[PDB]
Every structure is written in structure tokens, then in C-alpha cells.
Trainee: 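The following block contains the structure, expressed as C-alpha cells.
Note on naming: letters A, B, ... go to the chains in the order of the sequence lines (proteins, then strands), and numbering restarts at 1 for each one. Per deposition record, X-ray crystallography, 1.9 Å.
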Amino acid sequence: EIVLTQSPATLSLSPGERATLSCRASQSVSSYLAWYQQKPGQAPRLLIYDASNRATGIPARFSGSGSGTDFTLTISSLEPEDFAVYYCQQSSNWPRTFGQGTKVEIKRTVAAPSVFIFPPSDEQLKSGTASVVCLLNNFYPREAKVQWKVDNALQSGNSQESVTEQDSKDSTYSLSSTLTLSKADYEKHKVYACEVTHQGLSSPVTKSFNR
Amino acid sequence: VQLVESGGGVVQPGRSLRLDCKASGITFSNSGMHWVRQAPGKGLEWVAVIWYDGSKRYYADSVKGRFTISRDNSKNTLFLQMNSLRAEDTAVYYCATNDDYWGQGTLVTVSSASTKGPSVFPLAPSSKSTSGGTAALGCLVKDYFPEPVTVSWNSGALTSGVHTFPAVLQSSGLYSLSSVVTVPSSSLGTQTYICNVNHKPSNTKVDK
């Protein structure tokens with residue numbers, strides 16, 4: 001089959017920058033090469049067909065070039081909404097084949113998290129377990145350090161984190177940290193705190209609650 | 001121009017499943033059609049094609065002798081009849097015209113494990129008297145299998161400020177996530193906030 005190799009695997013650029021994505025075929029596909037954009041949770045969308053023709057409704061900042069084995073997709077001036085994985089596909093023969101994709105990430109400026117803490121609720125505690133949640137909202141870059149304290153005792157091995165994809169409009173992330181403990185252990189203690197450090201903060205931020 | 005897919009769901013390995021793709025607003029009888037699939041977190045992979053008049057079909061090697069692509073032009077419908085499914089076949093399946101209109105996808109999850117509905121718990125601050133003008137509310141969607149669950153707020157009338165986190169896999173072998181939204185503190189007491197949780201594999205819908 002015709003193997004398509006995309007590079008780089010990930011491209012991280014600021015809005016307004018020019019983006020250049022490469023696709024190389026193991027053999028000539030002439031100009032039978034298309035580019036697709038796939039945003040989170042969405043179907044792929046055709047950008048460019050026959051190597052260099054812009055598809056319907058596609059913005060002028062997208063263009064393509066190449067023939068034979070080397071192809072390029074250019075975004076002349078990147079926008080936050082262009083956060084997506086980009087794929088090439090050849091239609092020179094069967095089977096149709098795709099490149100492995102290039103993820104285009106948006107390099108915005110540093111933004112501090114807004115931090116929120118949630119106590120375990122009503123019902124949850126009827127079952128023998130307590131989940132306390134720390135939310136870090138709308139921040140950048142992705143790296144953030146979250147530390148759980150119960151009575152100023154640092155916790156370990158009892159929390160899980162989850163992070164959203166980059167927001168399509170403002171390019172920020174949000175993150176949750178969930179400390180999971182047995183209902184009966186959530187009453188040997190009074191003070192629950194989440195302490196956050198991040199490039200956007202000049203000093204650590206702590207959110208807490210009692211009992 | 002619309003391509004609407006259906007037929008996806010949770011299916012045990014070894015079983016069969018038929019996917020449908022119904023087209024509107026195109027000369028369907030004159031269009032080649034494809035199926036393309038995408039495993040979770042992975043790339044696009046071509047599955048099969050059928051000529052406009054059904055007279056020719058080609059397949060990916062890994063589904064030859066196992067999947068059949070067909071069409072009913074009189075119903076503007078494309079089919080994929082799958083057999084002997086394995087974990088390998090778990091994917092979102094897309095239909096696409098040859099000139100590259102794509103359907104929304106339909107998820108096929110192949111799993112032997114029993115399905116389990118989530119427990120849903122509110123995430124609220126500890127009072128009503130916030131320390132600031134912005135408050136956050138949420139719901140913990142805990143201990144379900146398999147993925148996915150979807151969440152809306154106020155039946156989709158509330159979208160701005162909503163963040164639904166990617167599920168985390170527990171030691172349980174089950175999944176958990178949360179959905180949060182930020183709202184004005186002043187609206188706390190005025191406005192009702194309801195999360196709408198949907199876990200189709202277990203036929204579960206919850207509204208805390």
C-alpha cells in the first residue's frame with residue numbers, strides 16, 4: 001500500500017504565525033492528495049483536494065502544494081479555532097491510505113488558573129466513599145502542580161487528574177484533581193485544601209474548606 | 001447536504017452489527033460512497049468503498065470476507081454489515097461521499113464486560129456565599145462502563161463556560177469523570193442548574 005508519513009507529529013505555534021505541515025508518500029501519487037482538518041469531537045473536514053485546490057467554504061488562509069511524493073499544507077496565519085489534527089489522504093490507488101496526522105496546538109500567552117474546591121456531597125457519602133474535587137479553570141500552559149493537604153499533611157497516591165483539550169476560542173486548558181477517600185476517613189479530619197502552583201501565578205494559591 | 005449515521009452501540013465480540021448512513025440533498029445515486037473508521041485516540045483508516053450503482057466494491061484487507069458494504073439507492077442509504085467483531089474493531093465509523101462530505105460518525109464499542117450505569121453526584125461550593133463574583137458548579141459521574149457518557153447543562157441551553165473532562169479509568173476497571181460550569185455568583189438562587197447525564201450503553205439518563 002502507499003504509505004503516507006506526516007511531519008512534524010506535533011506543531012505548536014502562536015496565533016498569527018505561519019504553519020507548514022508536510023506529507024510524504026512512499027511512491028508517487030501524482031496530485032491525488034487531500035488534506036483534512038479534524039477538531040475535537042468532530043468529523044474530519046476536507047480542506048484541500050488534488051494537492052492544491054481549496055474546498056468549498058474553506059478560508060483563504062489554507063493552501064496546499066506539491067505533486068508526486070512531497071506535499072505541504074500551509075496555514076498562512078493561524079487562528080485559535082485551527083486547533084485540530086490534520087491528515088493527508090491519497091486517492092491514487094486502493095486501499096485509500098491516510099497519514100498518521102499532525103496535531104496543531106496553539107501557543108498562547110501565560111494565563112493563571114481560577115481555582116475552586118468542592119466538598120463530597122450528600123448522597124456520595126451514603127456509599128462508603130468520599131470524593132473531593134479541585135478545579136483549575138482556563139489556564140495556560142498545561143503544566144500545573146496540584147497538592148492536596150489534609151490538616152497540612154501532604155497527600156500521595158490518592159488523587160487522579162484529568163485535563164481538557166485546548167479551548168477552540170481562547171486556547172486555554174482546564175484541569176480537575178479528585179482526591180478519593182473512604183467516607184470514614186473523610187471524618188478523621190477537618191481541613192481539606194488544594195494548593196496550586198503554575199507559571200501564571202506569582203505565589204501559590206490555596207483553596208480550602210472545613211469539615 | 002446531510003449524511004446521517006445510525007446503528008452504533010455496544011456489542012459483544014464475535015457478534016454482528018449493521019451501520020446505516022442516510023443521505024439528503026445530494027444526487028446519491030450518482031455518488032461513490034466510503035466507510036472510514038477511527039479507533040479512540042487514533043488515526044483515520046479507510047474501510048470500504050462502493051461505486052455509485054453498486055456494481056463495484058473494494059475493501060481494506062482486515063475486513064475482507066467479514067464486512068459487506070452495500071446501498072439502497074431508493075432509500076438513499078449506505079450500509080456496512082459487519083461480522084465477527086473484535087476489540088480491534090472498536091471505533092467511530094464515518095460514511096463519506098467520494099467528493100468528501102462526511103457523516104457525524106457512529107460509535108461501535110466491542111466489549112465482553114458487563115455494562116454499568118454511573119452514579120451522579122452534584123459538585124457545589126460549601127454555602128452560596130462565594131468569595132467572588134464567579135461560582136463553579138458541577139457533577140461527578142462515577143463508576144460506569146464502558147465509555148462514553150455525554151453531559152449537557154439545562155438541556156443544552158447552557159453551553160458557555162462548560163467543561164466536561166475526559167474520563168479517567170479507575171482501579172475498579174470502571175470510568176469516572178466530572179462536568180463543571182462557571183456562572184455568576186449572583187445567579188445562585190435565581191437560576192436553576194441541572195446537569196443532564198446520558199450513558200447509552202446502560203440505558204441510563206440522570207439529571208442532578
Trainee: The drug at chains A and B: which of nivolumab, tefibazumab, trastuzumab, bimagrumab, netakimab is it?
Mentor: nivolumab
Trainee: Identify the name used for chain A in this deposit.
Mentor: nivolumab light chain
Trainee: Write down the molecule name that the PDB records for chain B.
Mentor: nivolumab heavy chain
